[PDB]
Chemist: 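Before my questions: this is sulindac sulfide bound to Aldose reductase.
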Amino acid sequence: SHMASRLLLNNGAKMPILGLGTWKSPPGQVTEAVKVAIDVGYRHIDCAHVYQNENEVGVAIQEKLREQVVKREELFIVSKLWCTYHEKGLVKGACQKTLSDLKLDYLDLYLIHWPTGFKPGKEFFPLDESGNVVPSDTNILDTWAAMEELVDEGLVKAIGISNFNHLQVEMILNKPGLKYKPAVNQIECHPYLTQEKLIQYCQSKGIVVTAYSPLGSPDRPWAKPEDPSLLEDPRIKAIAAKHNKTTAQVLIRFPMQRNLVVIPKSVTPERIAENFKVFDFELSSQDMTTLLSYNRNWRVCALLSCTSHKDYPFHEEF
Ligand SMILES: NC(=O)c1ccc[n+]([C@@H]2O[C@H](COP(=O)([O-])OP(=O)(O)OC[C@H]3O[C@@H](n4cnc5c(N)ncnc54)[C@H](OP(=O)(O)O)[C@@H]3O)[C@@H](O)[C@H]2O)c1
Ligand SMILES: CSc1ccc(/C=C2/C(C)=C(CC(=O)O)c3cc(F)ccc32)cc1
C-alpha cells in the first residue's frame with residue numbers, strides 16, 4: 001500500500017508508525033490487550049505514569065520477551081513525564097519509576113507529557129483550597145535539560161514533548177546550549193482537529209508528529225451527547241464503505257498518509273487486530289483533502305483545569 005512500517009527520527013532511531021494506546025485501558029484488561037497487540041504485530045506501545053497501569057502493561061511486555069515472540073530491540077516503548085515531576089531533581093526518579101513498572105532498562109522515547117509544571121507531591125493535580133491547580137516555578141527549558149541528562153545516562157534513547165504549541169516547540173529549539181532536539185511532538189489529531197500549521201512547523205524542523213485520539217476518544221470520561229462523533233460521521237463512513245474498510249481503519253490510515261505516527265487505543269482483541277490491518281489500502285489525495293475539510297478545531301483533551309497556568313498550550317492559534 002506504498003506504506004513503510006517505521007519512520008526515521010532525528011536521533012537516528014526508527015519508530016513504528018502504528019502504536020497501541022493505553023490511556024483508560026483498565027489494569028485488569030491491559031495485560032491481555034498488550035499481549036494480543038504484540039501477537040498480531042504491534043511493536044510500539046504508548047504509556048504514561050499518569051495512566052496508572054504501567055505495571056500491568058509491563059507484565060505483558062515481559063511475557064512476550066520471555067516467550068520470544070519479539071526481541072527488545074524490535075519494541076518501541078514510549079512513556080511520559082507527569083506534570084508534578086518537572087522539577088530538575090525529580091525527573092530522573094520519575095523516569096526510573098516508569099522503567100521499574102514497565103520492567104525495562106531503557107525507554108525508546110520519553111516525553112514531557114504537558115508543558116505545564118505542577119507542585120510536586122502525591123496528587124497528580126494538586127489544588128489550592130479554591131480549586132485551582134498549583135503550578136511549579138520550574139520552567140520548561142530546565143526541565144528539558146533534565147530530560148537531556150536521561151539520554152546521557154542511558155535511561156532513554158530519545159526525548160520529546162507532548163501538547164506543546166508551536167511557540168513552545170520554538171522555545172526549546174532556541175534554548176541556549178540545547179544538546180538534543182525533541183525527536184517527537186505528540187498531539188491530538190483527527191479529522192475534527194487537523195493541525196495543519198503545527199504539523200507543518202514540526203515536520204519542517206525534523207520533529208516527528210504522533211497523532212493521539214485518532215478515533216476521537218469515544219471513551220473519554222467527559223464526553224457529552226452534543227459532541228461530534230467521528231466514528232458516526234456518515235461522510236467518513238462513506239469513504240470507509242468505498243474502500244471496504246471500517247470507519248476506524250480509515251481514521252487510522254488518515255494520519256499515516258500525512259507522515260504521522262498514530263496510536264489508537266483498544267482493549268478489545270477484535271478491534272486491536274482490526275486497527276492494525278491498515279497497510280492494505282490507500283486513500284486518494286481527494287479522500288485525504290476531503291477528510292481534512294472536516295476540521296472543527298474540536299479537542300478531546302483541552303486540559304480545562306489549567307487555562308490560567310502560564311504555560312497552558314491552547315491559547316495560541318497553534
Ligand atoms: N499525550 C497526551 O496527552 C495524550 C492524550 C490522549 C491520548 N493519548 C494517547 O493516545 C491513545 C489513543 O487516544 P484515546 O485513548 O484518547 O482515544 P482513541 O484511540 O481515539 O479511541 C479509543 C476508544 O475507541 C474505541 N475503539 C478502538 N478501536 C475501535 C474500533 N476499531 N472500532 C470502534 N471503536 C474502537 C476504544 O474502545 P475499546 O478500548 O473498548 O475497544 C476506546 O473507547 C491514548 O490511549 C494515549 O495512549 C495521549
Ligand atoms: C484536575 S481535574 C482534570 C484535569 C485534566 C484532566 C485531563 C486529562 C487528559 C486530557 C488526559 C489524557 C492525557 O493527558 O493523556 C488524562 C489522563 C489521566 F490519566 C488523567 C487526567 C487526564 C483530567 C482531570
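Sequential numbering from 1 along the given sequence is applied to the chain's residues. Counting starts at 1 for both ligands and their atoms, following the listed order. Structure determined by X-ray crystallography, 2.0 Å.
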Chemist: If I want every copy of sulindac sulfide, which ligands or chains do I look at?
Modeler: ligand 2
Chemist: Which organism is cited as the source of chain A in this PDB entry?
Modeler: Homo sapiens
Chemist: Using a 4.0 Å heavy-atom threshold (strictly under), name the region of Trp222 that reaches sulindac sulfide: side chain, backbone, both or neither.
Modeler: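 For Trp222, only side-chain atoms sit under 4.0 Å from sulindac sulfide.
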Chemist: Nearest to atom 10 (C) of sulindac sulfide by heavy atom, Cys301, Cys83, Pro126: which?
Modeler: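 Minimum heavy-atom distance to atom 10 (C) of sulindac sulfide goes to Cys301.
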Chemist: Which residues carry both labels: UniProt NADP(+)-binding in chain A, and heavy atom within 4.0 Å of sulindac sulfide?
Modeler: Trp222
Chemist: Using a 4.0 Å cutoff against the non-hydrogen atoms of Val50, which atoms of sulindac sulfide qualify?
Modeler: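 The atoms of sulindac sulfide under 4.0 Å from a heavy atom of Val50 are 19 (F).
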Chemist: Do me a favour and list the nearest non-hydrogen protein atom to atom 21 (C) of sulindac sulfide with residue, atom name and distance?
Modeler: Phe125 CE1, 4.0 Å
Chemist: I'm curious whether sulindac sulfide gets near the natural ligand site - which UniProt substrate-binding residues in chain A have a heavy atom within 4.0 Å of it?
Modeler: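 The overlap, by heavy atom and UniProt annotation, is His113.
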Chemist: Is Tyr51 in polar range of sulindac sulfide, meaning some N or O pair under 3.5 Å apart?
Modeler: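 Indeed, backbone or side chain, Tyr51 has an N or O that close.
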Chemist: Let me know which other ligands or ions come in under 4.0 Å from sulindac sulfide, please.
Modeler: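 Result: ligand 1 (NADP nicotinamide-adenine-dinucleotide phosphate).
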Chemist: Just wondering: which UniProt active-site residue in chain A comes closest to sulindac sulfide, heavy atoms only, to the nearest 1 Å?
Modeler: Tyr51, 3 Å
Chemist: With a non-hydrogen cut-off of 4.0 Å, what is the binding site of sulindac sulfide?
Modeler: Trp23, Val50, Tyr51, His113, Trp114, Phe125, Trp222, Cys301, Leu303, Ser305
Chemist: Which N/O atoms of sulindac sulfide sit under 3.5 Å from a protein N/O, and at what distances?
Modeler:
| residue | atom | partner | partner atom | Å |
| --- | --- | --- | --- | --- |
| sulindac sulfide | 14 (O) | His113 | NE2 | 3.1 |
| sulindac sulfide | 14 (O) | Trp114 | NE1 | 3.3 |
| sulindac sulfide | 15 (O) | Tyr51 | OH | 2.9 |
| sulindac sulfide | 15 (O) | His113 | NE2 | 3.2 |

